[PDB]
There are 4 protein chains.
Amino acid sequence: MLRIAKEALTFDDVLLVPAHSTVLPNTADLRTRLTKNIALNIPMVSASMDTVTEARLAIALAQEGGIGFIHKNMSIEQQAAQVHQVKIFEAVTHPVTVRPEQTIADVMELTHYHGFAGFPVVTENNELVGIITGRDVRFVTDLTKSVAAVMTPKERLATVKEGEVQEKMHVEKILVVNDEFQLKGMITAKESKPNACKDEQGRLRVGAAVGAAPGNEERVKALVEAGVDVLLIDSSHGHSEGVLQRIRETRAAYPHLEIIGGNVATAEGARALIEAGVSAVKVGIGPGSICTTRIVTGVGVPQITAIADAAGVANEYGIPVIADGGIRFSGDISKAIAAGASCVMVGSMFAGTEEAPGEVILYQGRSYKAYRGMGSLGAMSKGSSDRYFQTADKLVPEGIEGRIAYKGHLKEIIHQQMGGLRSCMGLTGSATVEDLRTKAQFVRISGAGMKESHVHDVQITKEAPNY
Amino acid sequence: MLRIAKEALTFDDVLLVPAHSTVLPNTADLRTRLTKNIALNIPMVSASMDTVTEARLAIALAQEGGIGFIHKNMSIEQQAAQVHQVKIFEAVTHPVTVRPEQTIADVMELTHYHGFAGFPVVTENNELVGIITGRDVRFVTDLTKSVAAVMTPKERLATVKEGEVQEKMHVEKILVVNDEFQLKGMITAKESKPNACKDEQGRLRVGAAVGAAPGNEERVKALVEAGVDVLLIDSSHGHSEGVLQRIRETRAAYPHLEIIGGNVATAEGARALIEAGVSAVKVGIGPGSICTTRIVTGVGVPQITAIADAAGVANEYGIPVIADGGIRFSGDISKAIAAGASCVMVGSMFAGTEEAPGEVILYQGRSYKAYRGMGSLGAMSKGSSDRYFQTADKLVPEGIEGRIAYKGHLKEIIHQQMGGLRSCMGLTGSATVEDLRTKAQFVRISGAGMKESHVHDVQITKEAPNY
Amino acid sequence: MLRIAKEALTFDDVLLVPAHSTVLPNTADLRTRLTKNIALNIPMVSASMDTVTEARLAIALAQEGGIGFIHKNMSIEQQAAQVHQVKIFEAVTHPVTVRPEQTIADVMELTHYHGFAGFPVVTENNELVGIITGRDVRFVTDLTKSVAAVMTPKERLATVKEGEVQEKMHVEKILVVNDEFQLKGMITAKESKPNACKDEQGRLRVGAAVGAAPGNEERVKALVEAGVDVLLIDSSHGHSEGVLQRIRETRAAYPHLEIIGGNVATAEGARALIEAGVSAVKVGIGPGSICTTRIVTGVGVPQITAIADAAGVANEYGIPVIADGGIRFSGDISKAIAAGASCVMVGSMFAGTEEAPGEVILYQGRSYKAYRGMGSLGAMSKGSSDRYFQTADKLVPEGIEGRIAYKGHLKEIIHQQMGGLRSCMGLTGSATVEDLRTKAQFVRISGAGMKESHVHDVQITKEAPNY
Amino acid sequence: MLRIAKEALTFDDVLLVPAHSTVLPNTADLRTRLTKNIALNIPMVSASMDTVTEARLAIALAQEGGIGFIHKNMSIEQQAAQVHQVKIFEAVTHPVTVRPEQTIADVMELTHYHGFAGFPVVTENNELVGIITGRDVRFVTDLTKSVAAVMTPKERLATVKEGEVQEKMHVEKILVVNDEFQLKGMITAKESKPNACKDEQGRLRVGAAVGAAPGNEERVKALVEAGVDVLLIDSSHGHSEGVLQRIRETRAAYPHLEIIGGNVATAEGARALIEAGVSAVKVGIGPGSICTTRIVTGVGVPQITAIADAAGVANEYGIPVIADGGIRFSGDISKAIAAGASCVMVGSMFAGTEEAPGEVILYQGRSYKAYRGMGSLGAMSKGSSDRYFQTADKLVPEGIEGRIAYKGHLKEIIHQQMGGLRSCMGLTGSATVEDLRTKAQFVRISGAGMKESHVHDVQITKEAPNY
Ligand SMILES: COc1c(C)c2c(c(O)c1C/C=C(\C)CCC(=O)O)C(=O)OC2
Ligand SMILES: COc1c(C)c2c(c(O)c1C/C=C(\C)CCC(=O)O)C(=O)OC2
Ligand SMILES: COc1c(C)c2c(c(O)c1C/C=C(\C)CCC(=O)O)C(=O)OC2
Ligand SMILES: O=c1[nH]cnc2c1ncn2[C@@H]1O[C@H](COP(=O)(O)O)[C@@H](O)[C@H]1O
Ligand SMILES: O=c1[nH]cnc2c1ncn2[C@@H]1O[C@H](COP(=O)(O)O)[C@@H](O)[C@H]1O
Ligand SMILES: O=c1[nH]cnc2c1ncn2[C@@H]1O[C@H](COP(=O)(O)O)[C@@H](O)[C@H]1O
Ligand SMILES: O=c1[nH]cnc2c1ncn2[C@@H]1O[C@H](COP(=O)(O)O)[C@@H](O)[C@H]1O
Ligand SMILES: [K+]
Ligand SMILES: [K+]
Ligand SMILES: [K+]
Ligand SMILES: [K+]
């Protein structure tokens, strides 16, 4: 009579089972797939939220092996600039410089009559027209001569266009130019981040979100043109025709573009996304820390069941599932993977790190940052308006606005969390992320089983970095 | 051995499943049925409680698309007057006026020798006997003449009886009279509330409760005579013979009267109510916020199972179910509908609004209103007594007395709550209330699933209007 | 592999189902059986605990329709005296009196020369030897005569032996004597408590506990000789051979004595008690408010399942079940009955009433009384010792010592609680306790169902007498 | 689809069932097996943790009938010295003594011219070369003679080598020597601890842990050479090949050594340990009070199911199971045994006793001791380092550091806890630990059943010693 499918389960209803293992935590292999064609070094992506991911965090995350997704709550050029920033990220030097009109006396004023390498010569703005060296000047007496009658001319310089160049240097100092022969710096013949997630040309990978409303074409175009590695079409309802249509159109317009579509929480929803053309299915309706959808609307599916149901279909097409929302501890990452996901998307876990947007706030002598639902009033009010234009029709939010404890640097957080994954892989005898994802077993536990799992019956005196 | 049917479920044991959808929240259709013949524009009715619904709230609710139920804790004429108030609600002007005995000097005292429209002329009390205009007087010198020798006489006036009249005006100012030609105002040729729930003649709908005890005939009669749209026979035990008898008698006496009977919590109970003649089955034994029945008596049925069981029968006769009690958030409304209800009856959700009875109370520098069970001592003590008459026989209450946070205006609350319904209809791909009610699917969740549903693991900094 | 029977259930896991009803709460019939041959007017007995039941409460409870069980933590004669007190409870007057040696002047000193009824004449100690009346003296001048030469002699008095006598009075004042013709008072030709639980001779019923250890014979004998109506052999383990043996012996020694045996929590245990000869099976291992057995020992059975299992057997022999422990609200009484019990035994519910032993304690400006497990250290330390005698062998308690809020008078508590029963009987359409016990149905509910049952989502401003 | 075995259960999900019993708590038999060949007098062992077990507690526990396991967070010789200490524990006297060079005047200086037993004579360091008695001196005048010309020579002494000797005394005072004839004390012809757990030669039993990393051979060798009764190879992952290999090697090197291996939480894991050669299977992955494994890694198995699954296999080979972690109250011990374990290993239950390592700490005017996971940062930092050597590679802890309330003496704790076991054995009619372990039955209970089990609805005024 009551129309009810079986009991759906979330992270706290299950525990993974230990198994025979020849795997040590530090030998565990963390590599996995974000989409059919994009590899991750760690099974983490960052949420596309104005309180989690801008260029700063996207770069830091990619350096550690994951991919950040730039949020859409900014203008097109703003978003494209963010992507571009990530794509060109290098860490070049930017030397002291003179004019073709400046005199030798000007130069001697700078050098202080003791030897020097040289000064790149630049025009009114900002053309590079030569160089003057400690050997061009050592024996020039006439302090009145302009730098241009004694400089090494344009053609004797060794240069590169911005964007490894270390190949062309095989000469040991090279001047970076652009398309109008305009100086941008210098690089002088000299791996900090071996787990970096990078594209075929050794650039850091980045993603960016656009959402499903009509009229996104201009935004998509600019993001692809800025070299985005993966496009996320993010919606609170991936099973909506609107979303499927938007995915179809984007697939048809960029047949090689890796696209993530979601969110869904069912087999059917994962099926309709795959049919629309996604390269990856993003799963989660309502499990997010800052989410009130389940309460406001009554709709949702516990996240371990949502994952397994979406993966049941997505596996049949070779399509990876992304588990998005509700990850609170590193043991949830293990569980989301064993349920069928190839990686997890996280907000709160990364929010409040140094790298996330926003400044630190003090509240009762303790450190926090802003963290808010993308569907909260504040996140939505940066709507398209200016409130000058906007106003019986008030928005009904499905997210809250809050504060989250300051976490410090992203790198240490990732290391803490992946530690716990590695240890689970040793416990479950999973060599690779695939083995955890396809072979690990669960048991179902009661509320009393979950209390035994936590710390219990002792006073914690010190905070542990993973708990 | 132990006599036990299956596990019964309440709101927090279930979540609705998202589905393929061509529905947008703002295109969702909220219309539904209160009874076999009365349509609602929104699936909400207000509880019949002395701390929720009197004329004030009944009018405000009907203007928004629902129906209020006037409570019975007042005299017959009091209750009939409340219904009448709702039925005649308009928002007429009520102009300045003179006597047939008053002189022209009296008039000139009022006008101040500059032009005027006119003054309706009235008797000792309160008959209308004519009009005197700025053109009746402009050239009357004799300030001593009585208004009656120069007034426009009774028959040259254009008038209407109280109770659209805008048809007869096709003349642009019309004088409202009653049956003794007595003046009541004026209306001068001039839609704020398009979702208003209205009867075939464009009057706001209203309901009123009587309860099941013998001797209600006089009360019913007066309520029907006051134009009540729907009679509620409300009881803590709708499956009691007393209640069924009372419903039978009322059906026989008013074969066209829409009658709501309840409350029940079973198939059988819904069946016996339908057999007795109800136009709608009201469901809920014990789920109310202020209810202690379950604890005091040990009896009750979790409300999602109570709804589905009652709807299983009521569907077979085309009879709508009203889900009454236990609605706390807008997601519960979605759930109660998907379980089989056509609308929800709410107390606490509306209590504490400006429109509900009682004044605002301050308690520790914060705003509240009184909200009490109709079976609490205070609600019951307004019994029939005066305590002068009343007293080893003390009442045993099944409701408590309390306070509820001030909510502000009803209109904003309704908009907040229906927002969440609309969003669920988009999530579940339900175009109409019927589709949610008959096609949406649930999953069953654990206590851990319900914690994931809420906000979790972040500090809320601002209160969201729906949470 | 793990040796586990099905899920056992307690009060909060179930709710009763409303049903068709021709029963009104105030017409509900509360009468039930304590044992095969002893009727109760209300389905309550009081626990045999030194903080719940001594004569005071036993009398008050019997007057309301139940039976109190005097505890065993006192000497034999102490316990027999308590029983006796209950058995003889009447509410006699006790007039002013003179000596056969006292003079007329002594009498006139007392009367003050205005008329008087008379003075019963008594010996050195305390024999009754006659009467002197206002008419024996009115005309006796000689103030020196001793009362004995003018008294109405022994044989003209109308008298009764202690222990209705109102039959012999058919004469209107009668002098109460004992076996040595010794005066005890007077009763002068004059129903407050119609629900009183009484024996065939109109005396209040009382029970008394002895426990199962060897050597109880003397105690049993004295209790039977004091007119105890029902003997309780109370143990934390009724399925222990020791207990069954003790029951066997007592049955053989008093074939007509109603005996309660327990506690058990299984079919088997109820069977072995019946076989041993009990007139009633008492059920409950670990559910008591002050009990720590379940935690200390790991043993126990949730009380609704314990009841139904014990009743499954006990029903086949016509033997009533007593549900003992874990009753917190009046809805638990309804549930315990529907699970199969004929009445409930309560401790905390009665503890802290005026009538229970101990004085009121103030603790932070609020009223309490002592309430302790009979297996707590304090209850057990009144062992048999004096601590002078007693002491690597310390007792290991299965009960705690605590305080319970002052409740006031027992009568009001009973009325509050039976109110809730009556209302459940109306809700479930149970005319008699038997119908609730054998025909009412349960549903099983989740933790979320139990939260809906309570008060929720409102601030209680006043305490309700049943909640 | 989701890969899930049945619901696993922990202590609070179950209760034992009372049964027919001829067993009294004080007649219950507590003896059980630690391994195939080592008997315990009580079914308790202490955890191998630097905050629970060093020699002090190992000795106290063995005296009460259990076995302590010395932890490995110390050097080899340190650990061997601890074992040795336990093995030689006696409670000898150590008399006053003189030199062969000291004069009679020196002696008379000590005696004070009144009679004396005698003085054992010792060399430079520390050889025993004779004795001088109150009868050797009574008649020696020459105060200048050296003790050696008047002493009773080496050969007239009655002596024993360190390590019952009371047999050789059959002479009543005997001088304890070593292998270089060096004096160690004296024992003079004189059962406090009858439940002592002892080896075939009447020495207290002790265990010691080594862990599974390569290179443990030297440590094992020294522990065996120090007379360890049982070797524990303890790991957070007993199903890891590394652990199984280490067990294999140790079995092959010491075919008669009793070895405990673990921890596992499955049938398979218990099977692989038995195959590797263990004499006992230790069970528990994640249930420990101070454990965060379940949360950090997501892996674990509720402990009652982990026990029964491991015992299902281990029973088929006659191999005992040790239930390790998550024991909080004495009722958990009963449950762990009935689930299949032969004894329990405890940390927090013993931590904070006088005997456990560490000093008492005051924190807000109350007594505590340190208790920490062996996998917490602090426990692990005593790594092998000195931090001078050690440092993007920080450890990821699976244990926390905390404080636990001071418990007093271990003996009283054990007596409290075994009290509760004994009482359960009476309740379940289990004469021996074997009967509880193989015949007792469980019921499964809800969260509401567990609340009824606890104290509820009363204010505890005094702390009970077992709760
Ligand atoms: C896009 O971000 C999300 C996602 C991924 C999810 C939910 C959600 O509320 C939002 C924010 C809601 C927004 C931005 C409103 C616009 C819309 O999407 O129509 C959710 O409940 O599951 C998944
Ligand atoms: C007799 O009172 C009880 C009863 C009825 C129960 C329990 C209990 O602990 C005591 C007190 C325990 C005592 C007096 C110790 C003596 C003994 O009985 O051996 C329980 O857990 O279920 C039922
Ligand atoms: C050995 O002590 C344990 C045991 C028995 C268990 C766990 C645990 O974390 C530790 C401490 C973890 C350590 C010492 C890290 C070294 C390692 O073992 O690799 C657990 O979760 O179940 C059982
Ligand atoms: O306002 C919101 N309402 C509901 N879900 C949101 C909202 N904003 C973001 N989300 C989702 O919640 C996820 C983050 O969940 P978290 O890691 O548990 O903080 C995001 O990746 C989006 O899926
Ligand atoms: O005193 C009472 N006891 C139990 N139920 C009540 C009482 N008064 C009103 N009710 C019911 O509780 C409902 C309101 O529930 P609420 O919306 O959860 O506050 C009413 O519509 C009646 O069904
Ligand atoms: O010390 C004790 N330990 C366990 N049970 C007890 C103890 N003392 C009394 N009882 C039982 O607990 C019952 C009272 O339970 P209550 O009504 O829930 O307070 C008594 O009737 C006895 O069955
Ligand atoms: O740091 C740790 N993490 C997890 N388990 C631990 C750790 N240290 C000890 N243990 C285990 O926890 C047990 C003690 O559990 P307790 O009795 O519940 O305090 C030990 O016997 C080990 O099995
Ligand atoms: K949420
Ligand atoms: K309620
Ligand atoms: K209890
Ligand atoms: K734990």
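Sequence lines map to chains A, B, C, ... one by one, in the order shown. Here chain A follows the PDB entry for its numbers: 3-93, 96-167, 172-178, 182-201, 207-407, 411-486, in order, are the residues you see. In chain B, numbers come from the PDB entry; the residues present are 3-93, 96-167, 172-178, 182-201, 207-407, 411-486, in order. Numbering, chain C: per the PDB entry, residues 3-93, 96-167, 172-178, 182-201, 207-407, 411-486 in sequence. Heads up, chain D uses the PDB entry numbers, so what you see runs 3-93, 96-167, 172-178, 182-201, 207-407, 411-486. As a basis for the values below, the full set of heavy atoms in this structure was taken, side chains included, without hydrogen atoms, waters or symmetry mates. Ligands are counted one by one from 1 in listed order, and the atoms in each one are counted from 1 as well.
- The drug at ligand 2, chosen from alphaxalone, mycophenolic acid, fluconazole, tiratricol, oxaprozin, is mycophenolic acid.
- Per the PDB entry, the macromolecule making the most contacts with mycophenolic acid (ligand 2) here is Inosine-5'-monophosphate dehydrogenase.
- Other chains, heavy atom under 4.0 Å from mycophenolic acid (ligand 2): C.
- Close contacts between mycophenolic acid (ligand 2) and C:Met390 involve ligand atoms 14 (C) [criterion: under 4.0 Å to a heavy atom].
- Interface atoms of mycophenolic acid (ligand 2) facing C:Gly300, defined by a heavy-atom separation under 4.0 Å, are 22 (O), 23 (C).
- The protein atom (non-hydrogen) at minimum distance from atom 4 (C) of mycophenolic acid (ligand 2) is C:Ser251 O, 3.9 Å.
- Residue C:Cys307 approaches mycophenolic acid (ligand 2) through these ligand atoms, each under 4.0 Å from one of its heavy atoms: 21 (O).
- Mycophenolic acid (ligand 2) has no nitrogen or oxygen under 3.5 angstrom from a nitrogen or oxygen of C:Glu417.
- The distance criterion of under 3.5 Å between nitrogen or oxygen atoms is met by C:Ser252 with respect to mycophenolic acid (ligand 2).
- Scanning the protein for heavy atoms near atom 20 (C) of mycophenolic acid (ligand 2), the closest one is C:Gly302 N, 3.9 Å.
- Within mycophenolic acid (ligand 2), the atoms closer than 4.0 Å to a non-hydrogen atom of C:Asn279 are 5 (C), 23 (C), numbered from 1 in the order shown.
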